[PDB]
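Notes to accompany the following structure.
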Amino acid sequence: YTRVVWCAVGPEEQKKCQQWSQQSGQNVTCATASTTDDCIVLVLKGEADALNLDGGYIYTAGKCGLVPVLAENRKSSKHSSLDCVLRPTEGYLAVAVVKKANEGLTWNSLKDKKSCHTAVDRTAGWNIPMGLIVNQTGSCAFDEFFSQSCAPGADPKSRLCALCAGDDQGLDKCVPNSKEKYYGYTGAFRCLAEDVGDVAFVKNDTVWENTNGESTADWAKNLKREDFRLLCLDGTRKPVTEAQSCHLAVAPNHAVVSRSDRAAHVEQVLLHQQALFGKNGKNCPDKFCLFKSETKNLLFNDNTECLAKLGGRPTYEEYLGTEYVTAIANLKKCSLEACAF
Ligand SMILES: *[C@@H]1O[C@H](CO)[C@@H](O[C@@H]2O[C@H](CO)[C@@H](O)[C@H](O)[C@H]2NC(C)=O)[C@H](O)[C@H]1NC(C)=O
Ligand SMILES: C[C@@H](C(=O)O)c1cccc(Oc2ccccc2)c1
Ligand SMILES: *[C@@H]1O[C@H](CO)[C@@H](O)[C@H](O)[C@H]1NC(C)=O
Ligand SMILES: [Fe+3]
Ligand SMILES: [Zn+2]
Ligand SMILES: [Zn+2]
């Protein structure tokens, strides 16, 4: 009676989830929805139990009363004896990436350029960079700052969707799931790499995992790191090896959320599922790896080492930290105490 219904966002997640479901002997089964917001609503209703969320999505979910359960944890430096599940999480570095060739474009000349964003309301792709730009300009006209963008989840006929490409057929332009060619970390970095946009708002790790052979994927196999630079907030440009000193912010790790009344069942099952299909897991790479999806980042980021227990049974505000929570409150002025649903 601890069976968990995962929420898959879009059909490729759904496909991975079904393979997970089948491989788990139905300890995990799958609900599917078209956007993250719809998946949150399913969980609210009790029609799904859980999914992994970006930080901006944890905020929306948390005002609706959902709670973080386990955090994604990637490759670590200090405290590396301590086992992944126990090891605290550090956050990731939100960066703004450009082409080297595009000379002279800096954090200080982004007005009227072309922008690539993971999705609207995501941490590295939107909350951080738009939060900065509104604050930098005293202006809530964030939809008027770039000339065109791919910002999945924005109005498809607005300039915020003009660069979005939609699916293999050109359908679903600007939908916030992986059918949108330029959706997500890997999508927004693609948007930049094919020179559709002038800047992509992603995290530090995306640049590395999609260059210098780390990706075999079609558009990525020939990408070279030296061809990109990070935009720092002092107006300078740096190599993508300097993310530590040229980032826009540090982001709270993506975390599994659930209904509070289900949080404990979800926690146990996921710990158990990870021992079966995570990094060194009994059945990965043999039958199934929870943490791989050929760089599509389906249901978990592909760089995820393990899902880690959280210290202090945190609220969602505590999980996100009080800096990030205000920044998001401030930004949402352009648009306090209400669940959105
Ligand atoms: C930014 O991201 C890259 C890619 O994740 C980091 O480099 C990896 O880090 C671990 C140790 O932290 C190495 O052992 C991996 O092999 C690296 N991956 C690759 C593909 O080279 C880098 O450390 C991160 N930088 C900062 C400043 O956070
Ligand atoms: C308020 C709304 C708008 O466009 O006017 C908006 C702004 C930014 C992000 C959004 O995405 C969500 C999603 C769920 C709840 C609230 C906002 C929704
Ligand atoms: C924007 O301005 C407010 C007011 O100073 C500040 O609290 C917030 O952290 C700023 N947001 C970002 C994303 O830097
Ligand atoms: Fe994120
Ligand atoms: Zn910093
Ligand atoms: Zn607390």
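Heads up: numbering here begins at 1 and tracks the sequence. Counting starts at 1 for both ligands and their atoms, following the listed order. Only this structure's heavy atoms are used, side chains among them; waters, hydrogens and symmetry mates stay out. If you're wondering, the header gives X-ray crystallography, 2.1 Å.
In this PDB structure, UniProt names the chief binding partner of ligand 2 as Lactotransferrin. Located at ligand 2, the drug is listed as fenoprofen. Atom 14 (C) of fenoprofen (ligand 2) has as its closest protein heavy atom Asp37 OD2, 3.5 Å. Annotation: atom 10 (C) of fenoprofen (ligand 2) to nearest protein heavy atom, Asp121 OD2, 3.2 Å.
For atom 1 (C) of fenoprofen (ligand 2), a protein heavy-atom neighbour is found at a distance under 4.0 Å. Not a single protein heavy atom sits closer than 4.0 Å to atom 4 (O) of fenoprofen (ligand 2). Protein heavy atom nearest atom 15 (C) of fenoprofen (ligand 2), with residue, atom name and distance: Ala340 CB, 3.0 Å. Of all protein heavy atoms, the one lying nearest to atom 7 (C) of fenoprofen (ligand 2) is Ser335 OG, 3.3 Å.
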Does fenoprofen (ligand 2) have any N/O atom under 3.5 Å from a protein N/O, and what are those pairs and their distances?
residue               : atom   : partner : partner atom : Å
fenoprofen (ligand 2) : 11 (O) : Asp121  : OD2          : 2.5

